[PDB]
Chemist: 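Take this structure first; my questions come after.
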Amino acid sequence: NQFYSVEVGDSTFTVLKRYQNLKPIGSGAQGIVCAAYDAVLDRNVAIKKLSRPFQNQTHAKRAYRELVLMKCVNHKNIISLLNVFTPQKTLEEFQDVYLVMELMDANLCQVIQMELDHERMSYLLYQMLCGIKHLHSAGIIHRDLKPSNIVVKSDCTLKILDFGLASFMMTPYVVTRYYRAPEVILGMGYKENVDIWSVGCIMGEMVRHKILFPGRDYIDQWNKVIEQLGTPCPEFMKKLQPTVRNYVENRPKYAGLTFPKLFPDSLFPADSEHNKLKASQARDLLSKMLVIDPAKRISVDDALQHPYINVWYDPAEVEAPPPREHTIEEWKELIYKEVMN
Ligand SMILES: O[C@H]1CC[C@H](Nc2ncc3nc(Nc4c(F)cc(F)cc4F)n([C@H]4CCOC4)c3n2)CC1
């Protein structure tokens with residue numbers, strides 16, 4: 001057999017023989033993830049197991065789209081695959097997809113919990129921006145960009161793991177909404193700068209060491225947002241569909257708080273004249289990115305030329321060349337066909 005079977009806690013990993021010394025590093029939604037040594041490449045890898053992803057339209061649509069996009073895109077700030085396999089041999093036997101990529105050191109949650117100098121905080125953000133630039137350059141507007149799905153190496157390098165939104169599921173695990181734009185929360189139209197909102201919830205969180213806009217669902221969460229940023233302006237709501245519009249125009253009012261109040265001097269490496277200039281620079285971007293009305297919110301390319309981010313700029317990283325419903329039966333075939341080719 002090309003394959004061997006280990007009990008990664010509860011479930012069973014049945015992987016190629018090359019992958020030795022498995023250790024559980026990520027349990028979550030579509031997949032269990034393990035770290036491994038790859039004796040063919042002689043490096044460590046992350047290996048994620050899709051357990052029966054055709055089981056429903058949700059798991060399936062994500063699995064397949066992510067499979068599809070994950071082979072067409074070519075950027076170092078966006079996940080690359082090193083290998084994919086099923087240990088089952090026919091479509092009728094088919095069950096599990098295994099997804100293999102470069103092993104990283106930490107996710108962004110863990111990194112957010114740390115004090116970062118400006119050089120790191122900004123280099124991270126420059127990279128989130130390059131990857132989104134890439135996704136956008138191909139027609140993918142992510143819209144659900146969050147730090148539990150972004151990974152980092154000790155040398156401060158970064159990859160985004162997933163490809164965003166296209167949704168019921170019998171589950172323990174809740175979806176994370178906090179980084180979602182007002183357009184997604186209020187079912188609006190949207191454009192490529194919808195992802196900038198997400199980046200600013202991230203940036204803000206790195207500084208604040210607290211989730212900016214938490215909450216139980218879209219009710220608590222729209223609240224947490226207006227009572228910090230203010231009620232939005234008339235012609236923003238002018239773009240809200242009558243029923244959503246009714247609800248918003250009728251919520252309590254707030255003038256909102258200024259950006260030095262939201263992100264006080266306390267929170268910034270601001271000891272030298274360097275970190276003083278960089279601190280005021282960060283807040284200036286923060287306030288261009290935490291902007292409810294997408295019409296007034298900074299673009300991806302403009303943010304890429306903000307002086308806080310501009311120092312890392314590089315054409316090869318920025319202007320890099322770019323690339324329905326089904327039954328469970330039909331998704332299985334779709335997914336099995338991409339896995340095989
Ligand atoms: O405490 C530390 C946290 C970071 C961890 N390093 C790490 N490195 C690479 C990873 N790739 C994926 N997922 C994934 C994959 F494997 C293949 C894919 F096709 C797509 C993926 F999304 N994950 C998971 C684990 C948790 O965060 C996401 C990875 N985790 C080391 C331990």
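Sequence positions, counted from 1, serve as the residue numbers for this chain. As a basis for the values below, the full set of heavy atoms in this structure was taken, side chains included, without hydrogen atoms, waters or symmetry mates. All ligand and atom numbering here is 1-based and tracks the order in the structure.
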Chemist: Can you help me out? I need the name, per the PDB entry, of the chain with the largest number of contacts to ligand 1.
Modeler: Mitogen-activated protein kinase 10
Chemist: Tell me which of MLN8054, PF-06463922, CH5126766, BMS-777607, CC-930 sits at ligand 1.
Modeler: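 Of those, CC-930.
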Chemist: Which residues and nucleotides from other chains come within 4.0 Å of CC-930, counting heavy atoms only?
Modeler: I25, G26, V33, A46, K48, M70, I79, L81, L99, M101, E102, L103, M104, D105, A106, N107, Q110, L161
Chemist: What's the shortest distance from atom 24 (C) of CC-930 to any protein heavy atom, and which residue and atom give it?
Modeler: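 The closest one turns out to be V33 CG2, 3.7 Å.
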Chemist: Considering non-hydrogen atoms of the protein only, which is the closest contact for atom 28 (C) of CC-930, and what is the distance?
Modeler: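 Here the nearest protein heavy atom works out to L161 CD1, 3.5 Å.
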Chemist: Which heavy atom of the protein is the closest neighbour of atom 10 (C) of CC-930, given with residue, atom name and distance?
Modeler: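 Here the nearest protein heavy atom works out to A46 CB, 3.4 Å.
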Chemist: What protein heavy atom sits nearest atom 18 (C) of CC-930, and how far away is it?
Modeler: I79 CD1, 3.4 Å
Chemist: Examine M101 against CC-930 and note whether any of their N/O atoms are separated by less than 3.5 Å.
Modeler: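 In fact, backbone or side chain, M101 has no N or O that close.
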Chemist: Across chain A, in which UniProt domain are most residues that contact CC-930 found?
Modeler: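 The UniProt domain in question is Protein kinase.
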Chemist: So which protein heavy atom does atom 21 (C) of CC-930 come closest to, and at what separation?
Modeler: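 Minimum-distance protein heavy atom for atom 21 (C) of CC-930 reads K48 NZ, 3.6 Å.
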Chemist: Considering heavy atoms of the protein only, find what lies nearest to atom 6 (N) of CC-930 and give residue, atom and distance to 0.1 Å.
Modeler: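 Here the closest protein heavy atom is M104 O, 2.9 Å.
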Chemist: Help me out: which active-site residue from UniProt for chain A lies closest to CC-930, and what's the least heavy-atom distance to 1 Å?
Modeler: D144, 12 Å
Chemist: Okay, for chain A, which organism does the deposit list?
Modeler: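 By the entry, that would be Homo sapiens.
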Chemist: Checking heavy atoms only, which UniProt-annotated ATP-binding residues of chain A fall inside 4.0 Å of CC-930?
Modeler: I25, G26, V33, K48
Chemist: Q110 versus CC-930: do any nitrogen or oxygen atoms come within less than 3.5 Å of each other?
Modeler: yes
Chemist: What residue and heavy atom of the protein are closest to atom 30 (N) of CC-930, and at what distance?
Modeler: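 Scanning the protein heavy atoms, the shortest distance from atom 30 (N) of CC-930 goes to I25 CD1, 3.7 Å.
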